[PDB]
J.: 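Here's a structure for you.
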Amino acid sequence: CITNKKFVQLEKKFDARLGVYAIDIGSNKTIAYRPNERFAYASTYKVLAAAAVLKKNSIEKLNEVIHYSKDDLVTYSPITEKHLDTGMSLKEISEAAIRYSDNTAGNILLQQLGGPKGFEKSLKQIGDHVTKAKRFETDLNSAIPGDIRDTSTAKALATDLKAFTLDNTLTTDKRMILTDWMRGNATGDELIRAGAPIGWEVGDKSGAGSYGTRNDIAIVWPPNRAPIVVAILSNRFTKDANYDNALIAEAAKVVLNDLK
Ligand SMILES: *C(=O)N1C[C@H](NOS(=O)(=O)O)CC[C@H]1C(N)=O
């Protein structure tokens, strides 16, 4: 009950709705708050779409150069906008999507999987019947009340990230490529990483959307311990609401101190 009380008070403090699911791989202990309620996933899909692309493609296909036109570029494409001339491989596109949250990279990953519905199919293959994927960037970030397009739950996202990174669903080389892309990125510095003790390495994928949507999903490696998977999703109640990263950092501290 005590952990539940902290999450209730975070919702009051930040005027927000909060979804939490975390699993300690060593003890199987879990922490859950609104774990089955839907939130817009925003940019967090990019790590799952990248993992699905790695799973389904040979190293040869993943290194082939893709060319895209200036007309495929959507807003917030800091990496892909530089490479109209050289093109990028699916490996490079995956890294751009995960490290920098590049939206055109996200779109190319969704396209490689057969569009949003093909990405959803890839998730059903790993047992996720919850996530609903319908739109491309940047429309997928609208986070409209009552809309289930481009939504998932904290439990489903955490379970998906665990499936790709810790359940031995990718070969060692692809798995380590994926988790390295998740480590050390500025987009994650104020989120789960800000709630993790120093020395507990965090690999994450952040997200942000309308209605104050602010998300982070992560693997955490505590010293001398098995990993922890953590998904923390949040939104607010008016279209223009500004999120506060501290909500995610403070929720992550609750999770990581209690699974300690
Ligand atoms: C992902 O949610 N997005 C991509 C980009 N980076 O934000 S993130 O670091 O929180 O992922 C801008 C916000 C959002 C988007 N598509 O608008």
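The residues of the chain are indexed from 1 along the displayed sequence. FYI, side chains are in, hydrogens and waters are out, and symmetry mates aren't considered; it's all heavy atoms of this structure. Just follow the structure's listing: the first ligand is 1, and inside any ligand the first atom is 1. For this deposited structure, the header notes the method as X-ray crystallography, 1.5 Å.
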J.: What does the PDB call the drug placed at ligand 1?
T.: avibactam (bound form)
J.: Quick check: main partner chain of avibactam (bound form) by heavy-atom contacts, named as in the PDB entry?
T.: Beta-lactamase
J.: Give me the residue, atom name and distance of the protein heavy atom closest to atom 3 (N) of avibactam (bound form).
T.: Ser43 OG, 2.3 Å
J.: Please could you name the atoms of avibactam (bound form) that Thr187 approaches to less than 4.0 Å, counting only its heavy atoms?
T.: 9 (O)
J.: Say whether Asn141 and avibactam (bound form) are in contact under the criterion: heavy-atom distance to a ligand atom below 4.0 Å.
T.: yes
J.: For avibactam (bound form), note which part of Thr75 has a heavy atom under 4.0 Å away: side chain, backbone, both or neither.
T.: neither
J.: Can you list the UniProt substrate-binding residues of chain A with a heavy atom under 4.0 Å from avibactam (bound form)?
T.: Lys205, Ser206, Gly207
J.: For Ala42, take its heavy atoms, then give the atoms of avibactam (bound form) lying under 4.0 Å from any of them.
T.: 2 (O)
J.: Under 4.0 Å from a heavy atom of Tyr76: which atoms of avibactam (bound form) are those, numbered in the order shown and with their elements?
T.: 5 (C), 6 (N)
J.: In the PDB record, where does chain A come from, organism-wise?
T.: Bacillus subtilis (strain 168)
J.: I'd like to check which avibactam (bound form) atoms, numbered from 1 as shown, lie under 4.0 Å from a non-hydrogen atom of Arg214.
T.: 10 (O)
J.: I keep going back and forth on this: is there a covalent bond to avibactam (bound form) in the model? If so, which residue and atom?
T.: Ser43 OG
J.: Using a 4.0 Å cut-off to any heavy atom of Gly207, which atoms of avibactam (bound form) qualify?
T.: 2 (O), 10 (O), 11 (O)
J.: What atoms of avibactam (bound form) come within less than 4.0 Å of a heavy atom belonging to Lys46?
T.: 4 (C)
J.: Which atoms of avibactam (bound form) have any heavy atom of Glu137 under 4.0 Å away?
T.: 16 (N)
J.: Which of the UniProt active-site residues in chain A lies nearest avibactam (bound form), and what minimal heavy-atom distance separates them, to the nearest angstrom?
T.: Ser43, 1 Å
J.: Check each atom of avibactam (bound form) against the heavy atoms of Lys205 and keep those under 4.0 Å away; list them by number with element.
T.: 11 (O)
J.: What is the closest protein heavy atom to atom 7 (O) of avibactam (bound form), and at what distance does it sit?
T.: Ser101 OG, 4.0 Å
J.: Within 4.0 Å (heavy atoms only), which residues surround avibactam (bound form)?
T.: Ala42, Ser43, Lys46, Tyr76, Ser101, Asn103, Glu137, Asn141, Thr187, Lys205, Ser206, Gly207, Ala208, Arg214
